[PDB]
Participant: 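Mind looking over this structure? Questions follow.
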Amino acid sequence: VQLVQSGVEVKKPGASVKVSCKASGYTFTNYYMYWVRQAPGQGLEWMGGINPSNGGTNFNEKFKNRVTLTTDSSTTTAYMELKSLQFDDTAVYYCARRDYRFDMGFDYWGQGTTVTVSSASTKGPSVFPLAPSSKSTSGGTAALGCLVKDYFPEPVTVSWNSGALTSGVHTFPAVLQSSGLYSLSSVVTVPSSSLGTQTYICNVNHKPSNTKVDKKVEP
Amino acid sequence: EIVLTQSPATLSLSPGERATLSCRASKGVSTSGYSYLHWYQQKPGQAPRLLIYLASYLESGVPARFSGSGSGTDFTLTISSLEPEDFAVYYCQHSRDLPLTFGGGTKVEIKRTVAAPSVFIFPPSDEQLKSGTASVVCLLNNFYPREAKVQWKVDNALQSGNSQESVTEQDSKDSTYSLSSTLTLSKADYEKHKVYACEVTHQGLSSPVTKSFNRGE
Amino acid sequence: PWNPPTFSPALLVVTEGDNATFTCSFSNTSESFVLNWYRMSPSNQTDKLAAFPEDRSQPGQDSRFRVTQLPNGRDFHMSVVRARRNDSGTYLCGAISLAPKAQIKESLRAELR
């Protein structure tokens, strides 16, 4: 038993997006399908449901004007189209099934479809050193890192010394800046004495903009 | 709409300990002795999983240590003894009428001894300063509990509205948190002041810790 | 525990605008069960019309189909309000156990004309 959803979407405001949820014959003859979304950092919000046996629908009134729900019986696939996209439509969208006999809970969820809505266009990161010094030295420990700034969309991936350096690393979750672009920091703590005996390089990959940058971080 | 209020927002417990979570509805979600209330688990980067349906029924496949209770407006989810796998976010959901709604979620985190942050500060890179923008970064490393206050001061003036922070997930090795805060100014504003400080308050510290530097040091 | 519900009359005849009422009988102290009222689809699937208690989150719910619990608690009226031409067909009710989660037992089927 599977619910398999379509992949990541990046959209402009005013655009449309159509998310798919592939199920099985059994699911379609024995369950209703529901759509739920989750904005970043927030909880779950119900959008609507559909009865695959007759195409009948229900809705959270908030979404009724912009959401269309359909099923394709012949491919046992459910579709959610969200039109006239807004900035705060940015969320993970889930399809979920519910027993058609009675609500015994959403007993199976699809893996989720990430949708980002923004007037921002695809942009590669500017990578800046977070340079170790006496102001980043506590005891016999020093901290250093990289500032990965002003990219779009998510995600960026960061490694240190080509993946060799893993212990003592923290790569923080990105924040969305007022500009609409993301920024993130990645830091590592090392013995302060090692600042003059070790080379530290952060490897940044941003696949949407084809960006691969290495940045040597010096004291 | 019927609104579900979960409490507490965060439970800090150790493995083996009982966890009791609460869900309260703004109106009754029970009819004819049936309670239209369900419970779900969610881990980072994962879809929710159903634990309990119709207030008190255990979903097949779900371990016996999970149980649900309640009716009307008052519901609880209990984990009789926490396993390491059970530290996650838990939601309740009703279907007493439309719209279906979810509670705000309860996070069950690992309890550990208080750990004070080590505080580090990073001046803007010269490279960035060429771009007409200046980012100052404050890092709080490996602390517990998660609650920490970070305040930015520029020439002793408290900054508001020009910083953002991010916090890691609880470390799988030592159960601590780390926090990054970024102060962002135009290069022109940055060059108009001398001293940049981040002031950190945390219950593991005997007094607030101030890390600062002189621009151009 | 437990037997399938009964569903009567075997043959129900009306023509337009009438009300067609079946009776589902389920002797129980629930022990939570729920009831479903089904009509047979053209592909011989059991299409759910309504439940007891009411399935308020059923999408595409049709309010012409009503299920009412009678005072003895064992008998339920399953009724089509203002029955139409295409409402003619095969009907039945089912009792569903919530605890084994899966378990349904269906009644014998009936005809409405």
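Here is the naming used below: chain letters follow the sequence lines, and residue numbers restart at 1 for every chain. Side chains included, hydrogens not; waters and symmetry mates left out as well; all remaining heavy atoms used.
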Participant: What drug do the PDB records list at chains A and B?
Facilitator: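 At chains A and B, it's pembrolizumab.
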Participant: Specify the chief binding partner of pembrolizumab (chains A and B) in this model, using its name in the PDB entry.
Facilitator: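 The main partner is Programmed cell death protein 1.
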Participant: Below 4.5 Å from any heavy atom of chain A (pembrolizumab), which atoms of C:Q58 appear? Answer side chain, backbone, both or neither.
Facilitator: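 Both the backbone and the side chain of C:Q58 come within 4.5 Å of chain A (pembrolizumab).
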Participant: Less than 4.5 Å to any heavy atom of chain A (pembrolizumab): does that hold for the side chain of C:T46, its backbone, both, or neither?
Facilitator: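 The answer is both parts of C:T46.
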Participant: Could you check the entry and tell me where chain C comes from?
Facilitator: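 Going by the PDB entry, Homo sapiens.
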Participant: Which single chain of pembrolizumab (chains A and B) has more heavy-atom pairs under 4.5 Å with chain C than any other chain of it?
Facilitator: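 With the most heavy-atom pairs, it is chain A.
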Participant: Counting heavy-atom pairs under 4.5 Å to chain A (pembrolizumab), which of C:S41, C:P59, C:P53, C:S57 comes out on top?
Facilitator: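 Answer, by heavy-atom pair count under 4.5 Å with chain A (pembrolizumab): C:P59.
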Participant: Could you tell me which portion of A:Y32 (side chain, backbone, both or neither) has an atom closer than 4.5 angstrom to a non-hydrogen atom of chain C?
Facilitator: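 Interface part for A:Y32: side chain.
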Participant: So what's closer than 4.5 Å to chain A (pembrolizumab) heavy atoms on C:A50: side chain, backbone, both or neither?
Facilitator: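 Contact with chain A (pembrolizumab) involves no heavy atom of C:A50 at all.
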Participant: If I measure from the heavy atoms of chain C, does A:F59 come under 4.5 Å with its side chain, its backbone, both, or neither?
Facilitator: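 Neither part.
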Participant: Can you help me figure out which UniProt domain of chain C most of the residues touching pembrolizumab (chains A and B) belong to?
Facilitator: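 That would be UniProt domain Ig-like V-type.
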Participant: Determine the epitope of pembrolizumab (chains A and B) on chain C with heavy atoms closer than 4.5 Å.
Facilitator: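 The epitope of pembrolizumab (chains A and B), by heavy atoms, is C:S30, C:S32, C:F33, C:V34, C:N36, C:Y38, C:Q45, C:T46, C:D47, C:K48, C:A51, C:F52, C:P53, C:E54, C:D55, C:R56, C:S57, C:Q58, C:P59, C:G60, C:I96, C:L98, C:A99, C:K101, C:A102, C:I104.
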Participant: Write out the paratope of pembrolizumab (chains A and B) toward chain C, with heavy atoms under 4.5 Å.
Facilitator: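 Residues with heavy atoms in range are A:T29, A:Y32, A:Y34, A:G49, A:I50, A:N51, A:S53, A:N54, A:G56, A:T57, A:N58, A:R98, A:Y100, A:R101, A:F102, A:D103, A:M104, B:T31, B:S32, B:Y34, B:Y36, B:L50, B:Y53, B:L54, B:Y57, B:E59, B:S95, B:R96, B:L98, B:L100.
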Participant: What is written as the name of chain B in the entry?
Facilitator: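 Per the entry: light chain.
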